[PDB]
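So for chain A, numbering is the PDB entry's, and the shown residues are 13-292, in order. When a ligand or atom number is given, it counts from 1 through the structure's own listing order. What's counted below: heavy atoms across the whole structure, side chains too, no hydrogens, waters or symmetry copies. Determined via X-ray crystallography, 1.9 Å.
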Amino acid sequence: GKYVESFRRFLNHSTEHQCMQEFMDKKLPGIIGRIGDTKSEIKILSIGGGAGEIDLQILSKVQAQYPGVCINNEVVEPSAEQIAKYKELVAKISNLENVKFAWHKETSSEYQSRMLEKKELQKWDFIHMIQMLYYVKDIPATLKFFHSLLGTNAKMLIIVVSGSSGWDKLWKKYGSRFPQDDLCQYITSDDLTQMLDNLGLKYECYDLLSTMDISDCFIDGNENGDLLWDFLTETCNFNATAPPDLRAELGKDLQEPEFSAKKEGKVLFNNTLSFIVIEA
Ligand SMILES: CCN(CC)CCC[C@@H](C)Nc1c2ccc(Cl)cc2nc2ccc(OC)cc12
Ligand SMILES: Nc1ncnc2c1ncn2[C@@H]1O[C@H](CSCC[C@H](N)C(=O)O)[C@@H](O)[C@H]1O
């Protein structure tokens, strides 16, 4: 329950969705410019679609490119809370008339296992996995599987933090000191591009600057600041349980240019995102 609420707090204190919106406005149109060619139905598969904000922006661009074409947007999302929010959002929208939504409460692995419980693999015209590969156990198998589901002229979009983000510096230096867990992998676009290269898949990668306002993290007692610390360290009650020296060290590094930039009296952690477009 806190994972989702924690992520929402992060979104509320970062330009993440704004960054993605910038990408969807500037780059997506060209990227999805042919996924619907010759088709009377466009199938979009959203893996880890969460609350649906980005999914809906993606859909608006596809609808704009293919007016009148029915769009089937299927979502693989294991969080009931996320699905509920997603449905709430859709229920408020009226400018997505050619779209049919379907929500499957399951992980991508369960989805994968099941689709493989049939005779024919279902093909898709656009598949996206936005900010969710960190929670997949077997990334190479996941990448290979979903790529295999791409139909003609289809594309797969994956988004994760960039190897040049502050996350990369944080994980490399403090990674081992943080609570390790297969449930969450510390991967960046560098890890993903290497896996894609080894898989022999063709792709294009675009990096976009994004920031996480961690100003409150330097205000002791600050509720938001403390919850963001938990987020950054993926440790519940970090300031209340972490070693006084580790906390002191982190507080210092998170202020360095390698991790953040200081402007307008605020500390902006480098949240540069990588948008990877994989070809069928
Ligand atoms: C760039 C940072 N990003 C990727 C590592 C992760 C932020 C993770 C935060 C939100 N916590 C999360 C987790 C933390 C620890 C472990 Cl063991 C498993 C986790 N699973 C999560 C699944 C969904 C989620 O979205 C609703 C957030 C999660
Ligand atoms: N194994 C898995 N397969 C599919 N989705 C998963 C998953 N593990 C976690 N998720 C989902 O991955 C999402 C990560 S946060 C997603 C945010 C959304 N794509 C957007 O960018 O705003 C959450 O909604 C979470 O429940």
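- Most-contacted chain for ligand 1 in this structure, per UniProt: Histamine N-methyltransferase.
- Given doripenem, elafibranor, quinacrine, ganetespib, the compound at ligand 1 is identified as quinacrine.
- Under a 4.0 Å non-hydrogen cut-off, the residues that form the binding site of quinacrine (ligand 1) are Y15, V16, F19, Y146, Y147, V173, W179, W183, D193, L195, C196, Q197, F243, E246.
- Measured by heavy atoms, quinacrine (ligand 1) lies under 4.0 Å from no UniProt S-adenosyl-L-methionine-binding residue of chain A.
- Of all the atoms in quinacrine (ligand 1), the ones that sit under 4.0 Å from a non-hydrogen atom of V16 are 26 (C).
- Close contacts of quinacrine (ligand 1) with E246, meaning ligand atoms under 4.0 Å from a residue heavy atom, involve 5 (C), 14 (C), 15 (C).
- By number and name, the other ligands or ions lying nearer than 4.0 Å to quinacrine (ligand 1) are ligand 2 (S-adenosyl-L-homocysteine).
- Organism of origin for chain A, per the PDB: Homo sapiens.
- If you number the atoms of quinacrine (ligand 1) from 1 as listed, the ones under 4.0 Å from a heavy atom of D193 come out as 17 (Cl).
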